[PDB]
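(S)-(-)-nicotine bound to Neuronal acetylcholine receptor subunit alpha-7.
Below, chains carry the letters A, B, ... as their sequence lines are ordered, and counting in each starts from 1. What you see below is based on every heavy atom in this structure, not just the backbone, and it leaves out hydrogens, waters and symmetry mates. Just follow the structure's listing: the first ligand is 1, and inside any ligand the first atom is 1.
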Amino acid sequence: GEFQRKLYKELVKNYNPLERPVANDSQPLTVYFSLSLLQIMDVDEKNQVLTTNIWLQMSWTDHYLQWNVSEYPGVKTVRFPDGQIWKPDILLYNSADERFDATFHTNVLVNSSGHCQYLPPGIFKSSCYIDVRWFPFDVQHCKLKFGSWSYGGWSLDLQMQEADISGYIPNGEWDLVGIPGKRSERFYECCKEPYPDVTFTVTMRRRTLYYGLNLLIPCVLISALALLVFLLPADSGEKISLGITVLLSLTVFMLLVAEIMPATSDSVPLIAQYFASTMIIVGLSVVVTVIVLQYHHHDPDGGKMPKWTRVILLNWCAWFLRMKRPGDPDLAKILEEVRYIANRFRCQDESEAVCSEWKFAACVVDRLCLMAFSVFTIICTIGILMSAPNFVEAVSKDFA
Amino acid sequence: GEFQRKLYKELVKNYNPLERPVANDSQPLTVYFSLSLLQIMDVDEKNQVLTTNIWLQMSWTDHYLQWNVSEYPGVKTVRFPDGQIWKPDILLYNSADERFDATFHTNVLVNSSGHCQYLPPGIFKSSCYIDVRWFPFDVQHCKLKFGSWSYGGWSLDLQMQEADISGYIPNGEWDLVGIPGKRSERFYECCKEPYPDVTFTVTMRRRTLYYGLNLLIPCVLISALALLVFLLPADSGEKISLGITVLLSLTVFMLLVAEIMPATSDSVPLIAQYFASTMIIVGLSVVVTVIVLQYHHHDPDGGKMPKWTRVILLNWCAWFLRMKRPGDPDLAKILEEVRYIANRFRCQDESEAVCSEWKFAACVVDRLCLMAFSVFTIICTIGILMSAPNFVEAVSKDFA
Amino acid sequence: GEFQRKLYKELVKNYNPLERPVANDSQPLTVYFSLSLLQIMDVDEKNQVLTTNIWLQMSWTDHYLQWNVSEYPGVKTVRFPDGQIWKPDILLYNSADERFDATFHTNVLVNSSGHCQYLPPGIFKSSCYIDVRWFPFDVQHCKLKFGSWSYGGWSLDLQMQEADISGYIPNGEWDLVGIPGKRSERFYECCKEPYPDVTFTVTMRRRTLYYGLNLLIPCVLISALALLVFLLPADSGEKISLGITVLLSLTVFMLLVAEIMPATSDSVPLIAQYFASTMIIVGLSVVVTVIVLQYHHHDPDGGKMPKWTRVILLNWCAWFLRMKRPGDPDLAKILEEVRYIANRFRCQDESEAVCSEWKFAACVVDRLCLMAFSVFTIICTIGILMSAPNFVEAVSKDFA
Amino acid sequence: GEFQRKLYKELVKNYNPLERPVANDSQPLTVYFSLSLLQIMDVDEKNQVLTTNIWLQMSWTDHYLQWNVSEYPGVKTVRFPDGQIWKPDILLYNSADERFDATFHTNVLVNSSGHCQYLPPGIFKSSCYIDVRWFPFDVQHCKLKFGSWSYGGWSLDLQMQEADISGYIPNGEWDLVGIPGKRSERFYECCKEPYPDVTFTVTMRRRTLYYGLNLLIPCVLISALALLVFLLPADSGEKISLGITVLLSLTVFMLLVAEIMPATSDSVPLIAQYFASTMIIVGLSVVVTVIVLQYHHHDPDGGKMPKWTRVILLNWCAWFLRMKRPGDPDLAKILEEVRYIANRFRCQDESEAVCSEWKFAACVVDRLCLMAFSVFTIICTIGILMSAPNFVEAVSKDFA
Amino acid sequence: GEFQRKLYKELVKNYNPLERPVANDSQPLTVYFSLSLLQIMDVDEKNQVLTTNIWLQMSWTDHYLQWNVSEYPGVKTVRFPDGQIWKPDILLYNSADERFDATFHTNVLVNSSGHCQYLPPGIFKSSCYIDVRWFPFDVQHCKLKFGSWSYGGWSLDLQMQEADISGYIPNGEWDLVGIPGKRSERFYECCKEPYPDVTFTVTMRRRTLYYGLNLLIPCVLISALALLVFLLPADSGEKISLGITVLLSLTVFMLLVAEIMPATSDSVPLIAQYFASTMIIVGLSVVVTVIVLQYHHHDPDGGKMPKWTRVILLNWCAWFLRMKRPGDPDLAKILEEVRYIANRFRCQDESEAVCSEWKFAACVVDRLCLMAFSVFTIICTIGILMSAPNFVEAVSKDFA
Ligand SMILES: *[C@@H]1O[C@H](CO)[C@@H](O[C@@H]2O[C@H](CO)[C@@H](O)[C@H](O)[C@H]2NC(C)=O)[C@H](O)[C@H]1NC(C)=O
Ligand SMILES: CN1CCC[C@H]1c1cccnc1
């Protein structure tokens with residue numbers, strides 16, 4: 001329209017986009033800053049990068065862009081693109097993007113009274129410290145620090161407004177707890193003027209159903225399978241294979257967890273502690289299996305069972321476990337031959353008796369170590385899992 | 001031509017690309033918006049990003065860009081590149097590309113009566129929620145939401161036209177069910193003016209032949225092969241190897257499947273339910289194999305067969321399964337010697353009979369558990385597969 | 001020089017880059033379009049993207065860029081950068097790139113009579129249908145479609161010229177079969193005017209030496225290795241281990257091949273069919289081995305061989321391949337004792353005879369299944385490999 | 001305000017950004033250059049790239065940009081964007097990104113006296129040689145070289161100021177040892193005019209807790225487990241399986257480590273040396289157990305143990321290792337038969353005596369090789385670990 | 001300063017950056033071109049892309065950019081940014097970057113007499129054919145082709161200058177043999193004017209220490225370990241397991257090398273030939289093991305040893321190997337019973353003698369095949385390794 005054309009012609013005249021829109025140059029310009037969070041795009045623990053979708057909200061007052069609505073009775077607001085009016089140079093300090101500024105430059109809407117609104121959208125990547133001490137049950141706080149780059153406290157006075165989460169789209173992995181904000185002015189070695197900034201803290205809680213069903217459960221099942229080796233009779237040689245194959249499966253689980261986790265040395269993580277506990281458990285199980293096999297294939301002639309070992313294993317542990325221990329001259333020539341044969345049979349009988357004793361001792365040791373290892377693994381797993389804070393809260397909210 | 005040059009020089013006189021081309025400023029401006037879908041390039045499940053090829057379609061009317069055809073013979077249309085004339089700032093809301101705008105800026109075609117068309121092409125990356133509850137038999141709905149950014153309800157009037165699928169190029173993996181659209185109007189915390197938008201909901205179906213053949217059939221086959229452990233005789237010690245090796249193959253299969261799936265806690269997917277059930281089935285088979293081996297290698301004098309176990313196994317299940325149960329002083333000195341030898345032989349025969357009885361009991365248990373495990377695995381697999389909706393539709397459309 | 005400066009100053013006065021350079025405004029402008037292929041950079045089958053290196057040859061005539069060489073003796077041609085003169089806007093329709101147009105803008109060379117040449121180079125990424133029905137003996141046709149985005153048939157007259165492959169650099173994996181092209185006119189739902197376009201079809205053939213030597217040969221070797229299970233005597237205990245390890249190796253081979261194929265559902269790839277056939281063959285071999293092991297560790301008194309089974313195996317099949325068959329009162333008391341001993345020995349002899357006959361039956365089954373499985377493997381492999389078209393051509397051209 | 005607008009209009013009059021702002025045109029312009037490190041984003045050893053967060057600091061004096069505060073009350077500083085005033089083209093020489101310049105251009109702040117400050121932020125990717133000789137106990141020095149690209153010391157004088165680490169954010173992987181800088185001058189064969197440049201040498205240490213816990217401890221554990229072959233009795237046939245499976249685990253660990261290391265031939269990494277040592281140890285263990293199995297299964301009638309071997313093993317080693325060493329007409333034919341039976345039993349007896357001798361020899365060999373391997377592995381591991389410089393301080397810092 | 005400002009104002013008067021700065025238009029313009037290589041950043045064999053860091057060097061003479069130093073006492077040289085003066089359009093013909101130009105546009109330094117220098121830095125990605133026939137003992141030549149795009153030989157005269165490698169930084173993996181260059185002019189389908197270009201051929205050698213230590217030696221070691229299957233006694237049934245597991249390790253090695261290696265079909269790589277040979281050797285070892293086990297478990301009454309087999313094995317090969325071959329009515333009734341027992345014992349004796357003969361034959365075959373396979377693997381490995389050219393030079397440079 002003619003009124004719109006005349007207004008655009010008049011406003012642009014004698015306008016310098018390099019000048020701060022203030023009637024009085026000695027007074028700070030008040031700028032209100034906020035943001036609206038739309039989506040938590042990604043959390044990268046290995047690279048420690050948070051990717052989010054955010055609309056920034058900037059509001060201020062321009063002294064020159066004012067007109068009387070009566071003279072232009074059809075237009076109430078105007079729009080100006082980048083590079084033709086003054087705009088705050090607000091940037092995100094802790095950016096992790098190859099381009100430091102990742103905001104799409106849109107139009108700026110102006111009142112008839114000179115009120116400027118700026119709503120740039122963006123996919124922001126920031127670098128926030130990620131704590132993996134209590135993973136999977138960790139809670140993360142990520143910082144987003146915004147501030148002007150070349151405007152101190154005597155020129156541009158930054159003000160904070162509460163973040164808007166009405167349009168937030170729930171994520172399938174993280175639960176949004178809150179997004180508080182705080183405004184603070186700091187000092188820099190460059191300059192002698194304080195510089196304000198606004199920091200928004202995003203608090204997120206990781207949902208644990210996927211991890212607790214894909215990592216925790218198979219670990220306990222496979223550890224139980226390793227415990228099962230204490231039930232196989234020693235007469236079938238399939239114990240070492242069981243133990244070693246279980247160890248291999250644990251190693252592949254460890255490589256998966258290692259490829260999904262950051263290489264930080266800040267603290268030992270809970271999953272690593274669990275894997276180490278299972279490592280020692282299965283290794284000691286294999287060692288005990290070797291000891292049992294050594295006892296089982298004991299040569300009867302090789303030696304005699306120590307008195308202490310006998311008095312322990314065959315009586316105390318047997319009673320405790322309620323296991324019962326199993327148990328003319330030609331005529332003279334024929335006579336001595338059959339005597340020799342009978343004596344040979346007697347010797348074989350004594351040898352088999354000693355062998356049976358050794359086998360019983362091996363069985364007793366096997367049963368004792370089965371019970372002990374079951375108790376140990378149950379206690380260790382329960383303690384390690386429950387040591388995490390808010391573990392019960394996570395379990396309730398996810399599974400229940 | 002001279003007429004074209006004269007018209008181009010005349011049209012841009014006193015023009016201003018910053019103003020809305022309306023004869024009356026109070027009245028709004030009508031803009032018709034639509035799109036043409038060319039190809040669905042990629043659907044990402046881990047990152048939940050949809051990549052598509054789309055030609056936008058914007059049409060409107062410009063008041064100033066009008067001329068008489070008679071005064072300028074030959075010329076009927078003109079083309080204006082970016083920055084010469086006014087354009088709507090139509091943006092995709094739920095974008096996911098590093099640059100918030102993915103459209104490629106082309107010319108704008110204008111008729112002799114002031115009618116502007118704008119059809120820019122683009123590779124659009126959007127963020128839509130992906131449901132993996134019924135994977136791989138799932139149907140996905142991905143929403144693309146376009147709208148003006150800085151133009152309100154009384155300035156720009158958005159009208160929806162039907163989408164174009166005439167130029168669609170079919171995708172091997174995905175089947176395009178449809179693409180309806182809806183024009184809505186929303187309020188925002190920024191402002192007191194309604195803002196319209198147009199949302200197109202691409203509804204797509206996943207073709208299941210590839211995933212079926214390369215995921216489910218080998219799983220079924222090797223799960224059935226794991227049942228061969230009940231056909232091997234216990235005399236050959238090659239049962240634990242069977243069980244633990246098929247378990248390892250299953251574990252690597254689960255790892256491969258997990259490496260393609262999102263880490264969401266919304267629900268437990270069908271493929272995960274299948275794999276978990278088969279894991280427990282194989283583990284129970286291994287435990288039963290251990291028990292059977294324990295029965296097979298029972299010590300002849302290590303105990304007595306319980307009456308309950310005998311009456312349960314030897315005569316009940318064997319009858320049910322139709323199993324046949326298998327089966328002169330020198331002279332006096334030689335006399336007592338041969339008596340000793342014969343007595344030892346008789347004792348050995350009795351021990352052999354007891355061992356044979358125990359072995360038959362083990363075989364009976366093995367056969368019983370074979371039948372039970374086969375029934376259970378077939379029932380579980382059929383139930384889990386049939387529980388999904390439109391599974392019969394997917395089968396009839398893909399395999400047949 | 002002075003003439004160059006004068007001509008450059010004169011050629012720009014009253015020149016509009018927005019104006020189509022034709023003497024008569026109602027006549028179309030003839031533009032000649034052609035390709036120049038330099039290298040085939042990549043063929044991504046998983047993402048179905050073709051990356052190539054091409055130069056675009058565009059030629060046309062400009063009315064206003066004409067001069068007489070007798071006035072500027074030194075200069076014969078001129079050069080104009082982007083944005084200074086009118087240029088055609090030919091774009092590639094099927095572009096699978098973030099930016100829809102990947103061409104490096106270079107200078108436009110102009111005659112002394114107004115002939116403009118434009119030769120922009122570029123690495124082009126396009127989306128074309130890649131079919132893996134005949135992998136790895138497939139021939140691929142990929143289309144590149146070029147056309148003016150906003151100029152109709154009445155305005156811009158597109159003409160086709162034969163593509164140039166003189167500077168083509170041969171690729172180590174794909175063999176260039178050809179690259180013809182064709183013009184076409186199409187209508188669009190936008191408008192009521194035909195839009196010409198030029199489509200160039202690149203036809204390429206894959207060289208199969210690497211894929212054959214790295215996939216086909218090792219799988220056949222492992223199949224032959226798995227066929228050895230029927231040569232191992234049943235007295236050893238490694239049959240199942242051999243079979244299952246072969247199965248594991250081919251499972252990882254299947255994973256390696258599967259990570260490179262697109263997830264398409266159009267057909268079943270040849271390599272997928274061949275892998276499935278090998279899987280079934282090895283599984284049946286394992287089942288047969290289990291049957292034989294059950295058939296060899298048979299209890300002597302646990303049953304009797306059926307007459308049908310005996311007349312099938314012991315005589316018929318054995319003769320088929322010429323297998324030989326493996327074949328005072330004290331005196332009275334000691335008398336009965338030695339009779340008992342001898343009778344025990346006789347019963348043992350009868351039992352071992354029955355066991356030996358059972359073992360011979362097992363050996364016969366092993367031999368028969370060896371022959372059958374070898375025949376099946378040979379027939380299936382030969383048929384599957386020979387089913388592919390141009391397989392003889394590929395072998396003759398890649399194994400010479 | 002009016003004063004700000006008037007000053008902005010006045011300053012840019014007759015201003016040329018191409019001109020270097022010096023009052024004499026024959027004396028160099030002094031530029032103070034400094035750096036402010038914020039965070040070490042990444043250290044990619046495979047590609048040898050260091051990614052950091054940097055705040056450049058450039059200060060100089062502009063002769064033309066001066067005014068009087070009294071004539072422009074309230075205005076004390078001004079801001080100038082790109083292309084408005086002169087800037088020094090200071091670049092990083094060893095950049096390793098697509099576009100050579102990775103800085104983000106911001107405003108330039110000018111005081112009333114003409115002092116200009118410039119603090120552009122950036123995420124800088126640089127190429128520094130990374131030493132992996134003592135990985136993981138390594139210390140890395142990476143150099144950042146900054147200098148003007150076109151101006152020289154006769155026109156631009158560079159000066160060095162100490163780097164700022166006030167805002168440094170600790171990394172969970174690297175410890176910042178320091179960042180010393182140095183200003184250097186380079187001369188040319190043409191002219192006696194110095195050319196200055198600045199170099200910052202970021203030296204940092206790697207925290208070894210994660211790498212040690214995830215690599216060394218599991219490998220030592222499994223290497224010690226590989227020694228269990230010498231405790232298994234030869235009757236249980238699992239020694240070879242145990243050893244070869246530990247070899248498989250070794251290969252898995254070797255590939256996992258190799259995927260992270262660069263393919264450098266400068267030296268042999270410490271981790272590679274240690275893995276090779278463990279390879280050799282386990283391989284020799286396999287050879288030894290093969291020898292032991294060969295001795296244990298010796299044919300009693302297939303040979304005689306030589307006197308040298310007898311005195312070496314049976315006597316000397318057993319004494320050293322305290323291994324106890326185990327251990328009417330009819331009557332004529334009746335005599336013949338019983339004598340034959342007795343002699344057959346005696347022959348069997350001497351045979352099993354020889355077999356027992358061989359088995360004892362195998363046991364002694366096994367025990368002595370167990371002791372030798374046990375001491376050797378400990379010595380080799382301790383030596384390799386201790387050979388690394390600063391190992392003691394590294395472990396103290398990372399664990400205590 | 002005033003003189004610098006005046007000179008800058010005067011030089012750009014009437015200057016047209018679209019014209020060649022030549023006094024005579026007929027004569028060509030001489031441009032000197034060279035480059036300085038700083039670092040070889042990457043050599044991607046799979047994609048066949050060379051990424052390097054270079055500085056271009058262009059020198060020419062400008063006719064209009066001349067002035068008298070006496071009039072401007074302080075000014076000696078000037079600087080002009082992009083778009084202000086004429087520059088050559090030199091491009092890299094075989095670029096592989098997504099943007100065809102990778103140079104960073106810097107300032108152009110201008111003499112006091114018109115000489116112009118231009119040194120833009122760049123990270124260049126180029127596509128060069130990489131031959132891996134002799135991998136890893138390979139020497140690679142990669143060509144960088146530079147030339148003007150729109151200027152022919154009659155206008156722009158390209159001249160070569162020797163490249164500078166003074167600032168080259170050695171690479172850990174690649175040894176720089178050298179970079180010579182050649183200038184040549186060609187004809188194109190454009191037009192009938194020759195176009196010159198400069199091609200620099202970078203020749204480099206790969207350092208083989210890393211690959212030899214990490215890929216070759218482990219293959220040799222485990223291949224030698226696979227030969228231990230010929231020393232294991234047949235009683236310990238763990239030969240097939242050993243062979244199949246070394247097979248599995250070999251397959252994973254082949255998987256890794258397939259991962260690193262490009263999929264070309266020009267020739268069979270040396271490492272591929274080596275791995276194929278090792279596959280064949282271990283497979284034949286497994287076949288021989290199967291034959292040996294078949295001979296070992298021979299039914300004594302199932303057949304008779306052939307006279308041939310006897311004369312080749314039992315004595316001929318034993319001589320060849322110095323192998324020693326191992327080693328009243330009651331009275332009548334009692335008599336016949338005991339003689340029956342004795343005859344039974346005689347039968348067992350002759351059966352065990354036959355079995356011992358078969359076992360000795362198996363041992364002889366085992367030793368023969370051990371020696372043959374050792375010779376085969378040694379000669380094959382030595383020949384394959386030594387077949388490569390410059391293998392001795394590579395070994396002497398990378399190990400001594
Ligand atoms: C404008 O800013 C600059 C900042 O460098 C001032 O220069 C410095 O002022 C302080 C206080 O006197 C001292 O460090 C030195 O006098 C100056 N440093 C250098 C390197 O010159 C300058 O004084 C300010 N001018 C006005 C009018 O405020
Ligand atoms: C040698 N140049 C580069 C390739 C073609 C040729 C050329 C000729 C004219 C205009 N553009 C390019």
What ligand or chain labels cover (S)-(-)-nicotine here?
ligand 2
Tell me the other chains with a heavy atom below 4.0 Å from any atom of (S)-(-)-nicotine.
C, E
Contacts of (S)-(-)-nicotine at 4.0 Å, non-hydrogen
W55(C), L119(C), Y93(E), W149(E), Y188(E), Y195(E)
Could you check which UniProt Ca(2+)-binding residues of chain E come within less than 4.0 Å of (S)-(-)-nicotine, heavy atoms only?
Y188(E)
State the covalent attachment site of (S)-(-)-nicotine as residue and atom, or none.
none
UniProt transmembrane segments of chain E with a heavy atom under 4.0 Å from (S)-(-)-nicotine
none
